[PDB]
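Notes on a structure featuring ceftriaxone.
Numbers here are sequence positions counted from 1. These values consider heavy atoms only, across backbone and side chains, with no hydrogens, waters or symmetry-generated copies. As the structure lists them, so they are numbered: ligands from 1, and atoms in each ligand from 1. Determination method: X-ray crystallography, 2.0 Å.
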Amino acid sequence: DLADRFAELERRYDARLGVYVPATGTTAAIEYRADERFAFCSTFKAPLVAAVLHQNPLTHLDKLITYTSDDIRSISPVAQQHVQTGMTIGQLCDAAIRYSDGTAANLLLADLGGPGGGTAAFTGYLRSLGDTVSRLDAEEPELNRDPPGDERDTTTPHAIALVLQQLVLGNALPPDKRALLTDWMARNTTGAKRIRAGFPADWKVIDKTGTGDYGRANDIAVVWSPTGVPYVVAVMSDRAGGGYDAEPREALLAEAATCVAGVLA
Ligand SMILES: CO/N=C(\C(=O)N[C@@H]1C(=O)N2C(C(=O)O)=C(CSc3nc(=O)c(=O)[nH]n3C)CS[C@H]12)c1csc(N)n1
């Protein structure tokens, strides 16, 4: 009855909703528009922080990177406080994962592929995990503003969730490197009103969000049952009919998250 409840979501909130939950040994896959393209928005900072953990040793996190007030061309709640200080590669990973810091993203992107190769560099990291489908093409902010139907800067709920089962549950990262990424999104401060609000409080919820033009509200999560059994949820939505300034409904992502909880009980 999942598609039945999910179309009603789309109707009530006038939105396009995409959900995919990978099948476990006991639990079938849930999927709604799983293989349609949605815009990454800030969700890409989660597997990008994974690229930077993979590519270098844990020593790299202490390399101080100097950035400016010029380099802030995007919402940057935590990077904006170090206009001259510069921050450790581990602290940027903190910003862009947990505060969705936009400027951290571009430095992290710059550290991964240089000035001009960053987006192609992160996209190749996604390829390196089997995602032959997602692409990044722009840096912040423009990656959040592509027209609907455009393939650039898009992932799919299926693709991004399969990326997430490897990062947190798989062996994409070694145990310690993986330790920090998971810890970062567990500390994440943005997704309170999304997938977290859909599951019971005795579930363990570790998420990273994305929000952008055309009503775009995304949340990608790994959740844990009272019996610890792990589940990867990726919820993506846009409201591309109301134009570029359409309001994201966060309550949508919460709502959809109470249905997959209604079947992962
Ligand atoms: C310039 O780029 N345009 C952006 C943009 O920066 N998007 C990023 C993205 O995905 N971000 C995320 C996040 O990770 O969700 C966030 C975190 S979401 C959030 N959490 C809160 O607690 C809160 O009080 N407010 N908000 C908004 C901010 S925008 C940035 C944007 C936001 S709305 C819109 N039409 N464009």
Components assigned to ceftriaxone: ligand 1
Chief chain touching ceftriaxone (ligand 1), naming from UniProt: Beta-lactamase
N or O pair under 3.5 Å between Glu140 and ceftriaxone (ligand 1): no
Chain A: UniProt active-site residue nearest ceftriaxone (ligand 1) and heavy-atom distance: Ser42, 3 Å
Min N/O separation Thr189 to ceftriaxone (ligand 1) under 3.5 Å: no
Flag: protein heavy atom within less than 4.0 Å of atom 6 (O) of ceftriaxone (ligand 1): yes
Sub-4.0 Å protein heavy atom near atom 30 (C) of ceftriaxone (ligand 1): yes
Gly212 to ceftriaxone (ligand 1), any heavy atom closer than 4.0 Å: yes
Atom 19 (C) of ceftriaxone (ligand 1) protein-contacted (non-hydrogen atom, under 4.0 angstrom): no
Heavy-atom contacts under 4.0 Å between ceftriaxone (ligand 1) and UniProt substrate-binding residues of chain A: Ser100, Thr209, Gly210, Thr211
Contact atoms of ceftriaxone (ligand 1), heavy-atom distance to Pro141 under 4.0 Å: 1 (C), 2 (O)
Heavy-atom protein neighbour under 4.0 angstrom from atom 36 (N) of ceftriaxone (ligand 1): yes
Residue part near ceftriaxone (ligand 1), for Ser42, under 4.0 Å between non-hydrogen atoms: both
Within reach of ceftriaxone (ligand 1), part of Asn144 (heavy-atom separation under 4.0 Å): side chain
Ceftriaxone (ligand 1)-proximal atoms of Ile75, by part, heavy-atom distance under 4.0 Å: side chain
Min heavy-atom dist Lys45 to ceftriaxone (ligand 1) below 4.0 Å: no
Atom 2 (O) of ceftriaxone (ligand 1) touched by protein heavy atom at under 4.0 Å: yes
Protein non-hydrogen atom below 4.0 angstrom of atom 27 (C) of ceftriaxone (ligand 1) present: no
Heavy-atom shell of 4.0 Å around ceftriaxone (ligand 1): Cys41, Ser42, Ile75, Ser100, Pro141, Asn144, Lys208, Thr209, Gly210, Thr211, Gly212, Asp213
